Amino acid sequence: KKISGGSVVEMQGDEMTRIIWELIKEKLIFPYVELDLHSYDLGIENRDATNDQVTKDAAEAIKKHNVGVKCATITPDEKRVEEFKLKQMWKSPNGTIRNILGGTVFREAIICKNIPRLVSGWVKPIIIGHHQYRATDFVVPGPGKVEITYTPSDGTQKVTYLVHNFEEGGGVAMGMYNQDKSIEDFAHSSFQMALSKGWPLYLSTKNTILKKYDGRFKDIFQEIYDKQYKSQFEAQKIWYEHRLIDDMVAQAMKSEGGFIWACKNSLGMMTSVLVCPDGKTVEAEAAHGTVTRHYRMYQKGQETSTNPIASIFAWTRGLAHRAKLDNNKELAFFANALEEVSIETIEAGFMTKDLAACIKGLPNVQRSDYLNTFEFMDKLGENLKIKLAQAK
Amino acid sequence: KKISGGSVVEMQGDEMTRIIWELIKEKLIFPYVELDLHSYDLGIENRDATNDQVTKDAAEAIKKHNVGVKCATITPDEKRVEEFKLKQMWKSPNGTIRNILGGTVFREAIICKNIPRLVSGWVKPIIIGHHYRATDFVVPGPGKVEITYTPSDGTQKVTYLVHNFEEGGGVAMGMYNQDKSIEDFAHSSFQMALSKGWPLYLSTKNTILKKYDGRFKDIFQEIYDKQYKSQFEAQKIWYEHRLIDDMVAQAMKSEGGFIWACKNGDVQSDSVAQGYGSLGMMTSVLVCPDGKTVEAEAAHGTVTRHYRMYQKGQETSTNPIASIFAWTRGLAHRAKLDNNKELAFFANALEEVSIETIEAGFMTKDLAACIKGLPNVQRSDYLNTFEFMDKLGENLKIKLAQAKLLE
Ligand SMILES: NC(=O)c1ccc[n+]([C@@H]2O[C@H](COP(=O)([O-])OP(=O)(O)OC[C@H]3O[C@@H](n4cnc5c(N)ncnc54)[C@H](OP(=O)(O)O)[C@@H]3O)[C@@H](O)[C@H]2O)c1
Ligand SMILES: NC(=O)c1ccc[n+]([C@@H]2O[C@H](COP(=O)([O-])OP(=O)(O)OC[C@H]3O[C@@H](n4cnc5c(N)ncnc54)[C@H](OP(=O)(O)O)[C@@H]3O)[C@@H](O)[C@H]2O)c1
Ligand SMILES: N#Cc1ccnc(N2C(=O)CC[C@H]2C(=O)N(c2cncc(F)c2)[C@H](C(=O)NC2CC(F)(F)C2)c2ccccc2Cl)c1
């Protein structure tokens, strides 16, 4: 009798990540959880064959089922169009899914204490959140004034601001905007993420330079905090504070981690989760590529050692949310247990070649210092079997 | 006999940096180089007594003599206005000098093998450059925001819709860039790449901002193909445009040794500036588009905290590296302008002595803290401000004796 997992939208991907993704399901997920699985093949050949229809259907399935877990995919370039003889240079599946779903992206680096970090003092993870893409830019052919005007719907408080009077020559100009609703959705997603993980939240802004534009972000976060989150933040002993981007960077340099950083906006050790405005829909993926170099080694029968942590944490993050929506304690436990096993295995000295190279330096790595992809996956599977057995 | 260094504009500054600036001149520069020195005292008291006229004169002297070396100065605020009983809250000397000369600021680290950096694989520094002007306002309620271009030659006005706020309000802004500022940014970046002998990359988001960022990519490309391609090829270096996301990822896997000209989006640019263990290991060079005018300084402040201890007679341990490198990078540019081989060698030797002294285990407290962690540093792990300067002086004497073997 396995854990009833419920409805999960799964997206298969490309190259080396496609193989590790199958290994994750076969050795870590399917032996313990049964799912009403909505599988979508986002491999480049299948996106080409279906005229990218499979991507739009996967995005539609995440809207309906609320939980998506996605494998890394190829975003075609000129070189990829010739390799697969593609009909078109298809847009990024991540971009297509992101535009259909909307929300805030939270990036979380997975911390293993024996694996070096950018800043050595980082002991707890840092979560970066961000909601520009709709700016109106143009070329200014020569001298003349560029003005930006606001005309209210009634007509009454109309204002015209001089952006610049070009005099010596031309250049470029652009108008940018941010709707209140977008700032409020980002603020709510950030406060909720901070309470879910139990860490303080910091919003970074440049309000000393953009007093009006960034000033509105700061005020909206401060108002939303004082109105509906400070009582829950005080209860869990966490806080919200604004920081100037230059100040925030210096504070992160002297920090030990353990916070959410909201911005106005080893590689296999980071996840990206899209949290939709409805507070119910989530899409989790590994924040890395398809590992082409390792895939070429695999195609030549050579032994590979590819870090699967980010892809495992896409599964655990998705299953953790699926368990929270359904109130499934068994699933919530399984998701947390797989994350613990993944970190415990690496911290105990069992890791892939790339992690061993971070520690020793590539020229110093011996075969005995690491496990190949299959050996690491089997080591995790043995530790997971033990962790789950000692729970029942 | 001393080297004849030629014309240098020097600007004296404030607090701790003023103290070590004098030790550098006394112990490292003056015993070896004779200069036609144009010195301007940018001390806070002198700027107040001259009504900031010294700052404007220093900037005009840099324009005339092409080489400026600046000590850190106090940018006044309310506490400074009280402390010094200032007449006005004088503007930043760097802001006044930058406005007069123009140019792009390049920040470069000083690498030491035994001193940790953001990315361990970095062996050569990464030089990042940046060449307010934005018009932002709140949109209080529903309505239309439009941006308009009215040609001064009387031709038809062009209007672009920014956004129809159908419900509620928000914020909006207008930004601009002149073609001449973009051209100046490209010239300075190409000239900096050629001076250092490293490849140059321009990072934009031209995929999203097709006309705004595309103008940067296109101007850089056209200036490269017309007046820098052969000079770059002749040094085994090149210019390449890169999307900001590709660029931040290449810099994370590279060993350093490249110029990164970024149009901006400076979260990553700040992490590189503050990612070499200490503020004492970073220099900030203003490079003018003429390829002749330069102004170098430490990319840090006057070190007020250390200065208060100095006033009390307490021992201090202030890092002079960035201040030494403002002098050496200034002297290196002076040497290249005059084809002074003797001066070019001296500036090179002084940089190598500084790096070697630290690499041999002799350093200030901030560098010892980078190695052992601040709680674990003990007095015996470092040298005080004077001891380190005396050790650099001793080592410089030894290096110059070894160099006489070339002749
Ligand atoms: N998330 C996405 O769907 C996404 C985002 C961007 C790009 N892409 C696509 O990915 C394709 C291929 O990108 P890429 O080959 O540069 O892949 P990548 O995953 O970004 O990795 C580049 C290199 O870094 C190392 N590495 C990265 N992740 C690793 C991991 N998990 N475990 C071990 N080593 C890892 C490997 O080198 P070593 O052997 O030296 O360790 C690898 O060759 C592109 O065509 C692009 O369109 C996908
Ligand atoms: N370019 C310029 O002229 C410039 C730029 C910035 C600031 N300033 C001015 O400098 C004054 C003081 O500013 P600030 O204290 O905020 O910044 P700062 O002088 O850069 O000092 C901040 C801290 O950084 C460390 N530090 C910086 N340079 C160091 C060095 N050479 N050796 C050792 N440690 C060093 C010290 O850390 P610990 O305290 O931990 O020892 C120091 O207290 C202000 O009046 C400001 O306006 C001038
Ligand atoms: N807006 C915004 C915003 C805010 C914060 N982080 C980002 N980021 C990205 O866009 C991806 C990487 C990441 C980032 O810039 N960094 C970072 C990374 N991990 C964890 C953090 F808390 C930050 C920096 C970083 O990676 N610097 C290196 C890349 C480089 F610029 F070449 C040097 C970095 C490194 C070390 C100390 C502080 C900093 Cl901010 C964007």
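Residue numbers begin at 1 in each chain, while the letters A, B, ... track the order of the sequences. We read in the header that X-ray crystallography, 2.1 Å was used to get this structure. Order of appearance sets the numbers: ligands from 1, and atoms from 1 within every ligand. We use all heavy atoms of the structure for the numbers below, so side chains are in, but hydrogens, waters and symmetry mates are not.
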Peer 1: I'd love to know the name of the drug at ligand 3.
Peer 2: ivosidenib
Peer 1: Look up in UniProt the name of the chain with the most contacts to ivosidenib.
Peer 2: Isocitrate dehydrogenase [NADP] cytoplasmic
Peer 1: Identify the other chains in heavy-atom contact with ivosidenib at a 4.0 Å cut-off.
Peer 2: A, B
Peer 1: What is the listed source organism of chain B in the PDB?
Peer 2: Homo sapiens
Peer 1: For atom 40 (Cl) of ivosidenib, which of the options A:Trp261, B:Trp122, B:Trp260 provides the nearest non-hydrogen atom?
Peer 2: A:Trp261
Peer 1: Is atom 36 (C) of ivosidenib in close reach of the protein, with a heavy atom under 4.0 Å away?
Peer 2: yes
Peer 1: I'm curious how ivosidenib sits relative to the natural ligand site. Which residues UniProt lists as binding NADP(+) in chain B have a heavy atom closer than 4.0 Å to it?
Peer 2: none
Peer 1: Under 4.0 Å, heavy-atom basis, I'd like to know which part of A:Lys264 is in contact with ivosidenib: side chain, backbone, both or neither.
Peer 2: neither
Peer 1: Counting only non-hydrogen atoms of the protein, does one fall under 4.0 Å from atom 18 (C) of ivosidenib?
Peer 2: yes
Peer 1: Should the proximity of B:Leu118 to ivosidenib, defined as any heavy atom under 4.0 Å, be assigned to the side chain, the backbone, both, or neither?
Peer 2: side chain
Peer 1: What residues line the site of ivosidenib at a non-hydrogen cut-off of 4.0 Å?
Peer 2: A:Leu118, A:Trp122, A:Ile126, A:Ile128, A:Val249, A:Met253, A:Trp261, A:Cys263, A:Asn265, B:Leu118, B:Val248, B:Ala251, B:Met252, B:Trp260, B:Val267, B:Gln268, B:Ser271, B:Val272
